[PDB]
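In what follows, a structure is listed as structure tokens, so that the remarks can point back to it.
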Amino acid sequence: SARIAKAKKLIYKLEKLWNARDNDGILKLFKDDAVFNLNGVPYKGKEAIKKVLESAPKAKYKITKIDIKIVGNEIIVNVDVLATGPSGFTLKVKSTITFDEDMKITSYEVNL
Ligand SMILES: COc1ccc(-n2nc(C(N)=O)c3c2C(=O)N(c2ccc(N4CCCCC4=O)cc2)CC3)cc1
């Protein structure tokens, strides 16, 4: 409950971060050696993640469903997202975001 809502606040904070392309603000939510799994392709380290952030399309995202799981000291969050692209094509995407005990992102899978 406590860790659930805090994780939820982080997700909705991430939605605004993604739409404003606040890539610095996004990276601050990560661990240094976290992995951004972009469609089966992992990017370990904040240097490879910042690139993933900058190469992302100019998209608008809307959350449509949050699934929070407690696997101990880690919270695994599944989020359904409506991804609207730069030319109006709306696509259903999904993210699997894992937080550690200090609410830092250790893994961030996005599957399309
Ligand atoms: C219109 O259709 C698309 C298709 C693909 C892409 N596309 N491309 C890339 C890439 N080639 O890098 C990425 C994405 C994407 O959808 N990404 C993302 C997914 C979901 C979230 N959200 C939302 C808020 C809170 C939770 C959360 O995780 C944030 C960013 C980043 C990566 C965009 C649009």
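Numbers in chain A track the PDB entry; the residues on display, in order, are 1-112. In listed order, ligands and their atoms are each counted from 1.
At ligand 1, of the options nikkomycin Z, olmesartan, cediranib, apixaban, the drug present is apixaban. The name the PDB entry gives to the main binding partner of apixaban (ligand 1) in this structure is De novo designed apixaban-binding protein apx1049.
With respect to atom 25 (C) of apixaban (ligand 1), the closest heavy atom belonging to the protein is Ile11 O, 3.7 Å.
Below 3.5 Å of separation, one finds no N or O of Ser55 facing any N or O of apixaban (ligand 1). Residue, atom and distance of the protein heavy atom nearest to atom 12 (O) of apixaban (ligand 1) are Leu38 CD2, 3.3 Å. The residue from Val81, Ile26, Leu53, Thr96 that puts a heavy atom closest to atom 23 (C) of apixaban (ligand 1) is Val81.
Of the protein's non-hydrogen atoms, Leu91 CD2, 4.0 Å is the one closest to atom 4 (C) of apixaban (ligand 1). At the shortest separation from atom 21 (C) of apixaban (ligand 1) among protein heavy atoms lies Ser95 OG, 4.0 Å. The closest protein non-hydrogen atom to atom 3 (C) of apixaban (ligand 1) is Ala83 CB, 4.0 Å. Here is the list of apixaban (ligand 1) atoms found below 4.0 Å of a heavy atom in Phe89: 1 (C).
Checking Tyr108, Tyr43, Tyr61 against atom 27 (C) of apixaban (ligand 1), the nearest heavy atom belongs to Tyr108. Ligand-side atoms of apixaban (ligand 1) in range of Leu112: 5 (C), range being under 4.0 angstrom from any heavy atom. Across the listed options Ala59, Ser87, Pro57, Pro57 owns the non-hydrogen atom lying nearest to atom 9 (C) of apixaban (ligand 1). Proximity of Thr90 to apixaban (ligand 1), defined as any heavy-atom pair under 4.0 Å, is not found for any part of the residue. Here is the list of apixaban (ligand 1) atoms found below 4.0 Å of a heavy atom in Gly85: 1 (C).
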